Amino acid sequence: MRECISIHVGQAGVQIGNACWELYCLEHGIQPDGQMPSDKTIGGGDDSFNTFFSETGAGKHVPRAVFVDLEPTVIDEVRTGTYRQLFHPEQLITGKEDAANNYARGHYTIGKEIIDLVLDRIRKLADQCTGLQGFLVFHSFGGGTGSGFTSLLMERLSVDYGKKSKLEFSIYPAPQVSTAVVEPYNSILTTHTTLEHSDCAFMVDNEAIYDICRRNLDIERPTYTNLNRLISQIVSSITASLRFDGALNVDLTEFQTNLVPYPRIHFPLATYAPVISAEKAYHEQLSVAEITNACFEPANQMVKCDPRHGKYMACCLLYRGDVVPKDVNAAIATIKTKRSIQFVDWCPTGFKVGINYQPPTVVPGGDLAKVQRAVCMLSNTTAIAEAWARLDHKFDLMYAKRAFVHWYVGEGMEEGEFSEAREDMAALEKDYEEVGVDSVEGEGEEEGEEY
Amino acid sequence: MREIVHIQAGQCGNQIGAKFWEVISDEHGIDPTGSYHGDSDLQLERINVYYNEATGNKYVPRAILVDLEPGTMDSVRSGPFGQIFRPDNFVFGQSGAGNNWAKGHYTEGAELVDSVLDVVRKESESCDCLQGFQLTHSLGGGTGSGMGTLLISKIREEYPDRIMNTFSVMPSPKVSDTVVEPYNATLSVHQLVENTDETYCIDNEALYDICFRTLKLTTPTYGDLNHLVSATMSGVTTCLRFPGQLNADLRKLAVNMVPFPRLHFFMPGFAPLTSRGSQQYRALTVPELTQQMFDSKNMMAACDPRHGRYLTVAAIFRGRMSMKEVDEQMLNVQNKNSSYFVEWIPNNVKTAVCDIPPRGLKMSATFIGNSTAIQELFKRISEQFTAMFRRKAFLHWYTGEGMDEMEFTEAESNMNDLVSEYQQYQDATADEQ
Amino acid sequence: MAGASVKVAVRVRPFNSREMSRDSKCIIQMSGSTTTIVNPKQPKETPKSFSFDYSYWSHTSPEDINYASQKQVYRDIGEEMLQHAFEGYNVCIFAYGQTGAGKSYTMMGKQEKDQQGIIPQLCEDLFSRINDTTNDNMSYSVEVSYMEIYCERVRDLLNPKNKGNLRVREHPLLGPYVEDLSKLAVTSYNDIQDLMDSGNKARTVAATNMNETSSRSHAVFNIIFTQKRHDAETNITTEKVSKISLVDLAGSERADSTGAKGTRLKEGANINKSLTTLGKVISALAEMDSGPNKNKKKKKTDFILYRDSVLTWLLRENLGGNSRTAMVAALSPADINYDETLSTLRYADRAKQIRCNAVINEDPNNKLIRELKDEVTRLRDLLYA
Ligand SMILES: CC(=O)O[C@H]1C(=O)[C@@]2(C)[C@H]([C@H](OC(=O)c3ccccc3)[C@]3(O)C[C@H](OC(=O)[C@H](O)[C@@H](NC(=O)c4ccccc4)c4ccccc4)C(C)=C1C3(C)C)[C@]1(OC(C)=O)CO[C@@H]1C[C@@H]2O
Ligand SMILES: Nc1nc2c(ncn2[C@@H]2O[C@H](COP(=O)(O)OP(=O)(O)OP(=O)(O)O)[C@@H](O)[C@H]2O)c(=O)[nH]1
Ligand SMILES: Nc1ncnc2c1ncn2[C@@H]1O[C@H](COP(=O)(O)OP(=O)(O)NP(=O)(O)O)[C@@H](O)[C@H]1O
Ligand SMILES: Nc1nc2c(ncn2[C@@H]2O[C@H](COP(=O)(O)OP(=O)(O)O)[C@@H](O)[C@H]2O)c(=O)[nH]1
Ligand SMILES: [Mg+2]
């Protein structure tokens, strides 16, 4: 009916995929082995929702996903894990060496020798769908595979399919902490394909999520599992409108129509308001106004950037649970009166709204409290440029002396591509500065004459 | 499937290899007879990295043992793990080099190198997808330095895309067990600078210092030093064998650690070390591991890292731990000691985490540092080498085997350039002139 | 020692038969010391632009104005560098380009021997100047050698033996050199032509998508030049010795262009590594030249680093020391071959990058209106005064 393929590339993509599919199976009542006894108990229903799962004759459901990597280590955990029977055996590993934090080994040399098989599997999966909505690629900047192979795959998909949407959920490098020394080269080289081919890319930062976990959930020593669970909640709130009934429904194309003003500024931030532990779930009302206010707090952003240093071009709110429209209108009206939050003068409306009835679920063994209301906010703003500028500086400090460059050219990339891109990133930074400027005073010269 | 071929030449390399295979066999639960008697399931998942499968569920390692005297082969065969190795890989001759580099690389080794290369090719062709090689040896001796450099040269010529490693025991400043050591160390470093992707520098003096001070041993012996080095060797390649939350192959360490092709001399380290009878006082946590790991007195290179600057650092953790703690601790180490890190690399600490810790340690970590202080070692060797070369101390033993004096000079020049290149990225500012 | 005065030159060739057959378009435009190039697929945003110390327009063959004639480029480079050579210091020429751009041409010239490249003009002036200058109280000696660098291995061309690898060495006083490298004496430029043709027949070449014949290795043609004096005394001595290194660089490579696997990618990777090292050393030499010239405080020794690749290692005497360097980069005029020209300009932009900019003029009607208003203002002044 309304199908979406999820493509996971790299260790970060595969692990976020594990979290996402755990959440989906818990949400629709599918056992880890693919069976759904709840339908047999009910005697018939549409629980086998076609947004994510495909049904066979025997009642087994297979997800619509394509996992990709170059290290067998990550996928072999899944092939012998709890969900070994859920997925199709076609997991698409390259039983060879990894790209090894080298964008080149993942777009020019080892990146081939696996792209054709991936595209064939995607072709089969897409043929199974009877009217597709779009794609959801999960990857991570910095990694060699998640940069190079993501770029190659997006190029081929854009050639083959063209008109279908393509969304990203990516882990941008943090301002301070990182787990690699050659990260900036990979990020800058990736930005071109992130820009030209993708239709709407969301970014998150591990440092911000660590701070959120420390402050809200009182977890002093979080690990990647908690971050992955949070990102999974975000994606579920994004896609909830396709699956469950609601008063106001928002399709994937409505996000794009309402959220991107111009083709080159499709980089919004995401936020999730009621992140609260079970112990603190009491002592609080968690009304609609409270969560709407919390969504705009600068401390709750999932990217280390201050919204107060820029302007909000557009916003989109997706509500889940026991929510009524009048409270939503009251909250939006309250937000519009504050002076700390600034809106560009050429978007007087600046709000999109969606309401869904199904409340969020709770993962057993998780750390999020059970709540009646929730909201996910997607904001297209100009603050994000600041983050790019920081990373930009780091790039220069390594490219003046040509550090770590012989590895990249040893695999098939002319020293030129490095600068040909830096320039592309600089052009993008120029546009964000240009769009946020207020319209020039009385933009059409001067008026006032005879009548 | 990432297969590693292991080679070892000379007395020192043979002894270290024996201890290393005993350690790895314990890790994967292989009996001395070669059968598997382990408990967990993950041990057989990646056994093919280091072992080949025989008929009756028996495993045999990929060791290749080389020497020019049969004494050490006899010692290794008559040992606790003598029968695990393949008999056809024991390559040896007679009338060894005798601390003479020329005998090892130009005269005697030229006869055995063909057989050794034949065995290496036979072992390598059977692998599914070879990743790299290894070589344990000592530079102060004849057979080790000579045959090791010759093997490295030939193998690098034959297989040019794979990763070559080496664990070399450098000559020490003070403790000396040979007199003609500097010639062998120099004429060798000349080849190691060219034909290797990573070299880890070991020194007896640092290991003795660790045993006397940290472990508090009263009678250290060579078994202990081999133990330390073997622990480090096992720690380096962990992510190929066991799963984890952030993997790092040999090639990733190669890419992240080396800024320029000729700067690949590393200082290794391992934590923790409770010295026994003091475990109950020391609480084992990630900050404690990071504290002990960066200490100047824990290194095995006999160089003070405080006299230079860290070009790059890598930390591989093994255990169950939180990633926030690791990232925060590395950031704190970088900030608090900002004087000792180069300024034109914005972040210079690679991190990796593996899930399966060693036999009886809740947590462990291994360290691979790359700093300019290592130059001191080369400088010291030069300060000896020329002192013996101005008056031609022991030269006739070398020229008698066919080696023109020019070869000696072409090398003192190469190592001196290495010291100069490291000295460039050492000053903590560069402006004005 | 002498200042590392590096000369950056670029030259555009005309159309070939295939390009003329197609309805191709010229994209390089020059003005002063700046060259600009456009995209056929992206004609909206802007042209890219570069600046070099010399820009040479050999596009239009019958053109009479601002034509970069071969005698002109020889006067620009070869005459001054031969003058430097006769002072006893080393000289190096680097030829760079991609199949088509027009490298060989600039190095050799046409076959009818009517318009001569750098090599014939330099060699004939060297020979002729000497033949019309030598006397009883002087002697001159000239020798030639020819080698190639392939996969970081040195191979000989003049010697017809089995092409085994040779071994680089480092004589303590004379610097790097190669054992068993054939060296021959020459008398006139016909001998150099014979040896050059014989060596060029032995070079390794492979076919690719771009061209059926593409250089897979660098080449070095060394001319050893020695002057000996016979003073009015029993002590007869060599005044000084100088070397001329004419060097052919293989073009930069991209799998996005040569899709071959196996040995072909490996050769391209090694070529790119060598090119990067060469650019790294060359730019550092220019910085070394520039620093003390500006502030008088030489930057210590910035100890340049050559022991990184065999190409820069063998040529240590020619880049460094008392020597001069000059580089010419060929560019092709097809609108189809965009990114080849872009990469060539980008890699040529190194080695004392020159500041480049654009100009852009204004609507002609507005300029005419402004001129008329200025004239009216002057006349109103012609009225006021
Ligand atoms: C607390 C406890 O249970 O006892 C420890 C112990 O006291 C300490 C001191 C151990 C002990 O090590 C030494 O005493 C030692 C002596 C000479 C040279 C090196 C070490 C130990 O022997 C070492 C031994 O370590 C292991 O078993 C590891 O798995 C280690 N493998 C081996 O030591 C080994 C040696 C030969 C054959 C097979 C295995 C290892 C570590 C990393 C990667 C691979 C393997 C352990 C737990 C201890 C004792 C027994 C006291 C230490 O060693 C290691 C490698 O763990 C020394 O520094 C650590 C810190 C430990 O706290
Ligand atoms: N949020 C989150 N980030 C992760 C996770 N795992 C890895 N990352 C990030 O991913 C980055 C490493 O890039 P990866 O894409 O995982 O590298 P790879 O997929 O193994 O590909 P290669 O670089 O070629 O090895 C690190 O900087 C991490 O910050 C995860 O589970 N959750
Ligand atoms: N400036 C020029 N004026 C006139 N003809 C030229 C010019 N440059 C090149 N040519 C000619 O046009 C053709 C282009 O040169 P060509 O032999 O294709 O060099 P190339 O293939 O670019 N060399 P290379 O870069 O080493 O691969 C040849 O026939 C030249 O003689
Ligand atoms: N770490 C360590 N070093 C050793 C050992 N045995 C010898 N050495 C060192 O090796 C040097 C002599 O090298 P040697 O083994 O004779 O070289 P070979 O003769 O070619 O094998 C001495 O200076 C010792 O410091 C050992 O068991 N462990
Ligand atoms: Mg990877």
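Throughout, protein chains are lettered first and strands after them, A, B, ... in sequence-line order, and every chain is numbered starting at 1. Only heavy atoms go into these numbers, but all of them, side chains included; no hydrogens, no water, no symmetry mates. Atoms within a ligand are numbered from 1 in the order they appear, just like the ligands themselves. Not the full deposit; the contacts listed refer only to the portion displayed. Determined by electron microscopy, 3.1 Å, according to the entry header.
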Exercise. What drug do PDB records list at ligand 1?
Worked result: Taxol
For this session: Identify the macromolecule bound to Taxol (ligand 1) in this structure with the most contacts, using its name in the PDB entry.
Result: Tubulin beta-2B chain
Problem set entry | Neighbouring chains of Taxol (ligand 1) at under 4.0 Å, heavy atoms only | B
For this session: Please list the residues near Taxol (ligand 1), using 4.0 Å as the heavy-atom limit.
Result: B:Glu22, B:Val23, B:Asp26, B:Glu27, B:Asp224, B:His227, B:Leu228, B:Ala231, B:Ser234, B:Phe270, B:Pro272, B:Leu273, B:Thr274, B:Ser275, B:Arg276, B:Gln279, B:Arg318, B:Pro358, B:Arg359, B:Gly360, B:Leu361
